A.B. asks: 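Below: one structure in structure tokens.
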Amino acid sequence: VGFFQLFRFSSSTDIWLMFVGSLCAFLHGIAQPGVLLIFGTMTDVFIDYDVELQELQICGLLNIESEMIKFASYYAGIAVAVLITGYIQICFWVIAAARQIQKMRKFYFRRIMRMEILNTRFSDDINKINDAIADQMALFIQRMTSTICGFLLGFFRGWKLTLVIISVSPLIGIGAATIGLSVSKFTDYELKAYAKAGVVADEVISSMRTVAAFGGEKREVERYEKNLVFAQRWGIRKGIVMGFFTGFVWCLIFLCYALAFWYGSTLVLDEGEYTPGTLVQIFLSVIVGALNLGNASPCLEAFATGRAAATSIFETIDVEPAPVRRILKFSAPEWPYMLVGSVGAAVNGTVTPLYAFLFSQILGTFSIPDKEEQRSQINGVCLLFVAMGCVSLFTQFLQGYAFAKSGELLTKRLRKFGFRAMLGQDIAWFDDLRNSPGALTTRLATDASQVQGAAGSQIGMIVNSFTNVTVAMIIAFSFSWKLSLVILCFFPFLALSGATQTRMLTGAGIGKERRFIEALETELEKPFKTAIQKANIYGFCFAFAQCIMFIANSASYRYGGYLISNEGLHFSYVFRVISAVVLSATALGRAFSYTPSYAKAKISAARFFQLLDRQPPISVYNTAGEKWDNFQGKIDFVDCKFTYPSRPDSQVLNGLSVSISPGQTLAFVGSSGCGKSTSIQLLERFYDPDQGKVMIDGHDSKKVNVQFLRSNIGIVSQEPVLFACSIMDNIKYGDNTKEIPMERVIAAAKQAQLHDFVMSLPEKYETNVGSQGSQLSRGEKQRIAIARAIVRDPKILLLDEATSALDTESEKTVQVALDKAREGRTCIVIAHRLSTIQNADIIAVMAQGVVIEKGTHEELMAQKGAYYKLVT
Ligand SMILES: COc1ccc(Cl)cc1C(=O)NCCc1ccc(S(=O)(=O)NC(=O)NC2CCCCC2)cc1
Ligand SMILES: CC(C)CCC[C@@H](C)[C@H]1CC[C@H]2[C@@H]3CC=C4C[C@@H](O)CC[C@]4(C)[C@H]3CC[C@]12C
Ligand SMILES: CC(C)CCC[C@@H](C)[C@H]1CC[C@H]2[C@@H]3CC=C4C[C@@H](O)CC[C@]4(C)[C@H]3CC[C@]12C
Ligand SMILES: CC(C)CCC[C@@H](C)[C@H]1CC[C@H]2[C@@H]3CC=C4C[C@@H](O)CC[C@]4(C)[C@H]3CC[C@]12C
Ligand SMILES: CC(C)CCC[C@@H](C)[C@H]1CC[C@H]2[C@@H]3CC=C4C[C@@H](O)CC[C@]4(C)[C@H]3CC[C@]12C
Ligand SMILES: CC(C)CCC[C@@H](C)[C@H]1CC[C@H]2[C@@H]3CC=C4C[C@@H](O)CC[C@]4(C)[C@H]3CC[C@]12C
Ligand SMILES: CC(C)CCC[C@@H](C)[C@H]1CC[C@H]2[C@@H]3CC=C4C[C@@H](O)CC[C@]4(C)[C@H]3CC[C@]12C
Ligand SMILES: CC(C)CCC[C@@H](C)[C@H]1CC[C@H]2[C@@H]3CC=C4C[C@@H](O)CC[C@]4(C)[C@H]3CC[C@]12C
Ligand SMILES: CC(C)CCC[C@@H](C)[C@H]1CC[C@H]2[C@@H]3CC=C4C[C@@H](O)CC[C@]4(C)[C@H]3CC[C@]12C
């Protein structure tokens, strides 16, 4: 509706509190163009003094010392003005914002409970409306004032140089807008590209028992690594486009600098209506205005989100980040692409010190007596600007492409390795409710893409800042080291102006409806006190950050004037040293603000490594065991005790002492829960026994290879989970290993009572399963599952309550297929339904799991069994 409707207050105190802060923000915004005007005056004074100095060695009533103490005093006064004004802005704005937001929360809470008979998102929505109103609207006003006044005095002092700079501004505007649009477009494209690999991951992890039972760990990994390339390539494309566009923006900026300096030089030398100080003032003022306009996009983003969340509440009224040293170790194969990226960082790190050097050269060449040599030097510096712009284009593009490629390769490798590790875990690891299909998929998709922040981009920005600081120090200490040390004294504070920014930013009936009107109002004193203390400390930090640059400039320029009056050094050297050191300090301060991504990436890397470095009790990838000759399935149960660590409901899981010879059926019929499916897990070694032994053969379960054991058992789950690849991929999947011919599949299909149906389809055998086909009937996917179970020719069958189809017509087909699937082989079938013949085996398991009944269809009459219990 409007961000002016947020402040519903006619209260005088809040309005005046906001008004004073807004006035001080306006004054602070005024300060920077004014200090730039003073800077232009100094530049004019320096140039005039240098000209007279050169003339005197081939007027004089200037006394550069007096002018420089006057300018330094003006700078100190502006510094204290900035300190006071910024303190007022932050303190008053955040205090008033906290007051109004707590009043709104109080009104909301008093209004919700009195009426006829997403909450913490609300807390975060009020959080964001207070965020839109506390400091975003003060900084926005200050930056708007800064840019408007910068453009205004740029026009006022000279209306042509600012005119051409404005005329060249749009191309940069179009480039920035296109970059902003691409930020979201490529995010959407990357999500669409990764959708397929994510779908594969969810399909595999969702049904992990089936994947592990058939030993299809390698096949799913193969599918995942095959599908990951389509998202890796889109990551590469986004990276290269972004790098090229940022290089284009940088090259355009440097071309603008060259054009402005050539045009200003022509105006100053030929026409003469511009003095060089006016040129410097105009250029710096327009640059400051552009920077302030660019920096306001965040603030406008906040304003938007906040109006939005009050549009949300307007009608409710009226484990350890320790390991990082191994991230490089894990990223060893991508050593060249990072190295090349480092070359991109080490080259584009020098652009700021070189820009300071070239600006100082332009300033110092304005005192050259020769007009033609002046023009030649200016032309040379403009050509250097053009060359540096082109170099920045190429280097930014190359750095972006290389680091995006390294990050995407690392993400793909991490995703594949994490998927392999997840597939290698035991079944119990998937029931913790902290490693869930959704959470595991999130870890595969998001965390791996996040580790690249600590891996590649972090190294790049570190190298960029290190090279920036090194080159700036080399420039500063090679011309005047004394002034270099003087400004280096303020260097740590200038860096901390941005380094500590994040560290401080991130830090009805029976009820009488009248008791709670008083227990809530007094509760909000402490949040108000902490808010006002935080606002005061924020104000002090922000005011110090804003005024430290002015103080440093004042002191350094006073000392530079002293040096010029005493030591025979150019003013251009003073400008060079001071500007280079200040810019390097700003860059370094921007560098240490890396925590919001670096800490998250380190947490992500730690979680992965913890997942990868886990040794499970039952390792499918382990080759430990002893059973090899003539498998027959002489399964035996001895006093097996199970606690079921997922849920301690039936920790007394004992009484199972059955043992069947090879070729014997064994039906487990008992209660509806905790007596049906546990032995399935024990036979599959999904969980190892705790206080019992499962004696599969001459050797026990705990000491037989899991791969070999699962290879000999055919599993038919309760619900038939089938992959969406193909019928062949869903029938030959049972023997996922080699030695699978197109034969032995026709026999399995015939034995599964499916060959006629699979023959009826036009796509006879290459039919695709899923939403792209017609197989939704249970009595057909169940038959494909049974076929997949039988093609491996397993000695043991593990029916797990199949034939759960409502239509009896399909039930008869699946049950006759299962009956033809046994053919005198060991099996443990769970059948709540009475379809299975009771002559298969004896009813022995009760609710507790105790095994007592053993007689062949004659002890079930004296003792309550399956049918005898139901008939009473
Ligand atoms: C002070 O510029 C220079 C003078 C000479 C040279 Cl070779 C380079 C620069 C330079 O740095 N070019 C980078 C672009 C730039 C500069 C300043 C600002 S700024 O934010 O307006 N600076 C202040 O507010 N501090 C003032 C500056 C004047 C003295 C008193 C303190 C914003 C952007
Ligand atoms: C824009 C710069 C250059 C000039 C200074 C602007 C100041 C005076 C503006 C900026 C934001 C403004 C406030 C924005 C919204 C409201 C809510 C409305 O219900 C009453 C007026 C009030 C409280 C405004 C008072 C004036 C205000 C503080
Ligand atoms: C809040 C109290 C303590 C201080 C108020 C600070 C105000 C009045 C100061 C801060 C910066 C100052 C400006 C800085 C530089 C210039 C350029 C000069 O050629 C004319 C004056 C002018 C435009 C100043 C006007 C007054 C000014 C806006
Ligand atoms: C319009 C956008 C894309 C920015 C580009 C504008 C350029 C091409 C314009 C802006 C100012 C112009 C200059 C203004 C005045 C002079 C003086 C003399 O030497 C003749 C040409 C020359 C040097 C012009 C050449 C073209 C020029 C440099
Ligand atoms: C395309 C938009 C962004 C404007 C960029 C134009 C820039 C790169 C162009 C416009 C005018 C050009 C100048 C025109 C003429 C000369 C004189 C020659 O002896 C040396 C190069 C020099 C000094 C050129 C340097 C590059 C220059 C400043
Ligand atoms: C050109 C200069 C400035 C920087 C060069 C790049 C440096 C900082 C970085 C970029 C990527 C880094 C490599 C990334 C990963 C590994 C694998 C592991 O065994 C640790 C060392 C090693 C081999 C790193 C060595 C240092 C390295 C090459
Ligand atoms: C984005 C870039 C490529 C835009 C093109 C602008 C640059 C590359 C072009 C425009 C005009 C060119 C200048 C035109 C003429 C001369 C005079 C010659 O004796 C030296 C080279 C020099 C000074 C050229 C250097 C390159 C130049 C500045
Ligand atoms: C890393 C950054 C932030 C700070 C580095 C400060 C270093 C480079 C400074 C601190 C003290 C300095 C020295 C102080 C005095 C002299 C004596 C004379 O011969 C000039 C150079 C020399 C020898 C300086 C060289 C640079 C120096 C060693
Ligand atoms: C590395 C940073 C923090 C600087 C640390 C040293 C600072 C605090 C001190 C130690 C030695 C000092 C210098 C010693 C001698 C002189 C000569 C005299 O004309 C005063 C300025 C000057 C040039 C001093 C400037 C300040 C100085 C550089």
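Here the PDB entry sets the residue numbers for chain A, with the shown residues being 45-102, 129-187, 198-398, 736-924, 951-1315 in order. In listed order, ligands and their atoms are each counted from 1. Reckoned from all heavy atoms, side chains included, excluding hydrogens, waters and symmetry mates.
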A.B. asks: Look up the drug at ligand 1 and give its PDB name.
C.D. replies: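 The drug there is glibenclamide.
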A.B. asks: Help me out: which chain holds the greatest share of contacts with glibenclamide (ligand 1), per UniProt?
C.D. replies: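 Most heavy-atom pairs under 4.5 Å are with Bile salt export pump.
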A.B. asks: Which TM segments of chain A end up near glibenclamide (ligand 1), like under 4.0 Å by heavy-atom distance? Count them from the N terminus as UniProt has them.
C.D. replies: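 Non-hydrogen atoms under 4.0 Å from glibenclamide (ligand 1) turn up, by UniProt numbering, in 1, 6, 7, 11, 12.
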A.B. asks: Which residues from other chains neighbour glibenclamide (ligand 1) at a non-hydrogen distance under 4.0 Å?
C.D. replies: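 On a heavy-atom basis, the binding site is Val79, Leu80, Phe83, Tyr145, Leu364, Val368, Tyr772, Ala773, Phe776, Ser777, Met992, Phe993, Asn996, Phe1018, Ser1022.
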